[PDB]
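Notes on a structure featuring rosiglitazone.
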Amino acid sequence: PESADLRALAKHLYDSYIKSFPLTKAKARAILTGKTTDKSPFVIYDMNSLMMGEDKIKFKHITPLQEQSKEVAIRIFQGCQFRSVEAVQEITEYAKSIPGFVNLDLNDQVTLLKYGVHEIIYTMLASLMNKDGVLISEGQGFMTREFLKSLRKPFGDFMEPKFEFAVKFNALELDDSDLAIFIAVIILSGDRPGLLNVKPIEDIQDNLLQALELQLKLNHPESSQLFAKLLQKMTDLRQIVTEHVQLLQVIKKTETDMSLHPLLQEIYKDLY
Amino acid sequence: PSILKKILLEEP
Ligand SMILES: CN(CCOc1ccc(C[C@@H]2SC(=O)NC2=O)cc1)c1ccccn1
């Protein structure tokens with residue numbers, strides 16, 4: 001039957017996911033709880049600890065310090081920006097691994113990513129979150145929810161909606177194999193604005209959706225309507241990307257000291 | 001000008 005093909009698709013996606021995303025949910029949960037037995041992320045809970053562990057790495061990542069003169073809120077907000085930039089590239093790599101994606105019209109590929117990357121970023125952000133904080137720098141750091149919320153307006157609440165989403169989403173207990181297919185389904189959304197050829201996209205998504213359904217039935221036998229609940233989360237993620245686009249407008253009304261990374265400028269352009 | 005297009009076109 002075609003069920004075997006659906007399991008092969010699910011496995012292929014999982015393997016690609018492992019290859020594309022350095023910090024898996026499995027590894028994240030281990031850190032957030034206990035088993036790291038090697039990690040021990042630096043905890044940032046206030047201004048003092050922030051200074052102390054401004055990632056601490058002398059600074060090996062690209063773009064040295066000197067990001068200074070800019071207040072804490074702006075620096076943290078820009079840090080999230082560069083994280084997204086990295087994430088967009090990991091996600092693009094992943095999307096190109098989905099059977100049929102690279103054969104789609106190139107402009108539609110751009111459109112699918114443009115409208116899909118943030119939805120995926122917030123989905124995976126949940127993997128690194130618990131009710132008290134979020135892992136940063138591949139688990140080398142942990143910033144508390146309370147700290148992020150203490151940031152001056154309008155920065156003190158850009159993370160709050162994500163944490164709220166995460167708590168409910170994580171309650172569903174999806175694992176990396178589930179997430180790989182879930183993410184693929186989000187990317188292949190035929191209702192993105194401006195798509196040229198909707199049919200080929202829907203064909204691919206219908207198959208991914210069947211694969212997701214079977215994956216949930218086998219991997220979460222006793223989870224009633226997990227599939228139905230998951231589809232709903234799809235629409236919720238939509239709301240977060242729009243809710244965030246707003247706060248991003250209120251921000252450019254006061255700080256002409258922000259400046260958005262070119263890749264994010266392109267993605268946000270005429271998004272919503 | 002499209003960075004996404006460029007990233008999509010590079011050899012995996
Ligand atoms: C609090 N953390 C965890 C990461 O948390 C994230 C929150 C939001 C996003 C989406 C970005 S934020 C924006 O305005 N546009 C975007 O694309 C991406 C990641 C930090 C803080 C400093 C450095 C690195 N990590």
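Residue numbering restarts at 1 for every chain, and letters A, B, ... go by the order of the sequence lines. Every heavy atom of this structure was used, including side-chain atoms; hydrogens, water molecules and symmetry mates were not. Remember, it's 1-based here, ligands and their atoms both numbered in the order they're listed.
In this structure, the main binding partner of rosiglitazone, as named in UniProt, is Peroxisome proliferator-activated receptor gamma. By chain letter, the other chains having a heavy atom closer than 4.0 Å to rosiglitazone are A. By chain and number, the binding site of rosiglitazone at a non-hydrogen cut-off of 4.0 Å is A:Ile76, A:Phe77, A:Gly79, A:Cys80, A:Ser84, A:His118, A:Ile121, A:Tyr122, A:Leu125, A:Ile136, A:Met143, A:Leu148, A:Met159, A:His244, A:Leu248, A:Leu264, A:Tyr268.
Per-residue contacts place A:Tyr268 under 4.0 angstrom from the following atoms of rosiglitazone (heavy atoms of the residue considered): 13 (C), 15 (N), 16 (C), 17 (O). Looking at A:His244 next to rosiglitazone, an N or O pair under 3.5 Å apart turns up. From the protein, the heavy atom lying nearest to atom 22 (C) of rosiglitazone is A:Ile76 O, 3.8 Å. When only interatomic distances are considered, the shortest N/O to N/O separation between A:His118 and rosiglitazone falls below 3.5 Å.
Protein heavy atom in closest approach to atom 7 (C) of rosiglitazone: A:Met159 SD, 3.5 Å. In terms of protein heavy-atom proximity, atom 18 (C) of rosiglitazone is nearest to A:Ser84 OG, 3.2 Å.
Checking only distances, A:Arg83 never comes within under 3.5 Å of rosiglitazone, N or O to N or O. Which parts of rosiglitazone touch A:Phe77 is read off a 4.0 Å heavy-atom cut-off, strictly below it: atoms 14 (O).
The contact set between rosiglitazone and A:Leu248, taken as ligand atoms under 4.0 Å from a residue heavy atom, comprises 14 (O).
Shortest contact from atom 8 (C) of rosiglitazone to any protein heavy atom: A:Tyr122 CE2, 3.9 Å.
In the PDB entry, the organism given for chain A is Homo sapiens.
Counting only heavy atoms of the protein, atom 25 (N) of rosiglitazone lies nearest to A:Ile136 CG2, 3.8 Å. The protein heavy-atom contact nearest to atom 6 (C) of rosiglitazone is A:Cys80 SG, 3.9 Å.
Taking the UniProt rosiglitazone-binding residues of chain A and keeping those with a non-hydrogen atom under 4.0 Å from rosiglitazone leaves A:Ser84, A:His118, A:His244, A:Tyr268. Across chain A, the UniProt domain dominating contacts with rosiglitazone is NR LBD.
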